[PDB]
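Opening notes on darunavir bound to Protease.
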Protein chains: 2
Amino acid sequence: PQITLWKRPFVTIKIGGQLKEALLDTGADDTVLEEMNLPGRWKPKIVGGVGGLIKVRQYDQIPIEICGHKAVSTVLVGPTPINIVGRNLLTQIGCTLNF
Amino acid sequence: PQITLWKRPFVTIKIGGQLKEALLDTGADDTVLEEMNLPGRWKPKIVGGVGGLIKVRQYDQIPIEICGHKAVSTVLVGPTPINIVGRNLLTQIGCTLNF
Ligand SMILES: CC(C)CN(C[C@@H](O)[C@H](Cc1ccccc1)NC(=O)O[C@H]1CO[C@H]2OCC[C@H]21)S(=O)(=O)c1ccc(N)cc1
């Protein structure tokens, strides 16, 4: 289907056995989530946004259910003020912009 | 047009006769541009993202042209590291997410 943009485009994602709300964000290179536990190895990374830099944990090959897709992706975890779904995950599920 | 998300979705915009590259960003509530001069009244605003807050100037009713679509909308100006087109302008040009 389609999603208009009069409202913030939140979708529900299933990740780590939890249901979370996340913003579909074409301006984000990567998917960044608020503090949570995920299993497996991680490596520290710096993420920079409009207000400055934050430290995050990078988890690879995390399964995520999103918009009827069973996806697998890299996920960054840290002090973001909102869960964002970035182009890494948007491309995997075939999302595009159209006007 | 249609725009995939394997690369950052930059488009050329025209504002006040000036050509600029901006990111099409569904996570951004409102268009934010790097420091520039615009005419008319403004009011300060605070916007927040990854890494914290910034102060911007809000100009209302500014003409902006994007891929042949003309709009008159609110434009924020401040220390963003890149030009961002937000949902306020995406909606006015009929842009949607599709998958
Ligand atoms: C955090 C979002 C809810 C809001 N942001 C839009 C978002 O697309 C920014 C837009 C953005 C893009 C580049 C640089 C700064 C901000 N991208 C972002 O922070 O992504 C980071 C995660 O992936 C990495 O790839 C880009 C930076 C990292 S935002 O820049 O703070 C913002 C907030 C409000 C408005 N009106 C305009 C923009």
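Chains: lettered A, B, ... by order of sequence lines. Residue numbering for chain A follows the PDB entry; the residues present correspond to positions 1-99, in that order. Going by the PDB entry, the residues shown for chain B are 1-99, listed in order. In listed order, ligands and their atoms are each counted from 1. This deposition comes from X-ray crystallography, 1.7 Å.
- Lab note - other chains with heavy atoms under 4.0 Å from darunavir: A, B.
- For atom 38 (C) of darunavir, the nearest protein heavy atom (residue, atom name, distance) is B/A28 CB, 3.6 Å.
- Interface atoms of darunavir facing A/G49, defined by a heavy-atom separation under 4.0 Å, are 15 (C), 19 (O).
- Protein heavy atom closest to atom 35 (C) of darunavir, with residue, atom name and distance, is B/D30 O, 3.7 Å.
- Of the protein's heavy atoms, A/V50 N, 3.8 Å lies nearest to atom 16 (C) of darunavir.
- Using a 4.0 Å cut-off to heavy atoms of B/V32, the atoms of darunavir that qualify are 35 (C), 36 (N), 37 (C).
- The closest approach between any non-hydrogen atom of B/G86 and darunavir is not below 4.0 Å.
- The atoms of darunavir that sit less than 4.0 Å from any heavy atom of A/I82 are 3 (C).
- In summary, the atoms of darunavir found under 4.0 Å from a heavy atom of B/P81, numbered by their order in the structure, are 14 (C), 15 (C).
- Darunavir places these atoms under 4.0 Å from at least one heavy atom of A/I84: 1 (C).
- Nearest protein heavy-atom neighbour of atom 8 (O) of darunavir: B/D25 OD2, 2.4 Å.
- When the heavy-atom distances from atom 33 (C) of darunavir to B/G78, B/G48, B/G51, B/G27 are ranked, the shortest goes to B/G48.
- Checked against a 3.5 angstrom limit, the closest N/O atoms of A/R8 and darunavir fall outside it.
- Numbered from 1 in the order shown, with element, the atoms of darunavir that lie under 4.0 Å from a heavy atom of A/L23 read 3 (C).
- Of the protein's heavy atoms, A/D29 N, 3.0 Å lies nearest to atom 25 (O) of darunavir.
- Under a 4.0 Å non-hydrogen cut-off, the residues that form the binding site of darunavir are A/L23, A/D25, A/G27, A/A28, A/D29, A/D30, A/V32, A/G48, A/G49, A/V50, A/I82, A/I84, B/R8, B/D25, B/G27, B/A28, B/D29, B/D30, B/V32, B/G48, B/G49, B/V50, B/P81, B/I82, B/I84.
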Short N or O separations between darunavir and the protein, below 3.5 Å:
from      : atom 1 : to    : atom 2 : distance (Å)
darunavir : 8 (O)  : A/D25 : OD1    : 2.7
darunavir : 8 (O)  : A/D25 : OD2    : 3.2
darunavir : 8 (O)  : B/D25 : OD1    : 3.0
darunavir : 8 (O)  : B/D25 : OD2    : 2.4
darunavir : 17 (N) : A/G27 : O      : 3.2
darunavir : 23 (O) : A/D29 : N      : 3.2
darunavir : 23 (O) : A/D30 : N      : 3.2
darunavir : 25 (O) : A/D29 : N      : 3.0
darunavir : 25 (O) : A/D29 : OD2    : 3.2
darunavir : 36 (N) : B/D30 : N      : 3.2
darunavir : 36 (N) : B/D30 : O      : 3.0

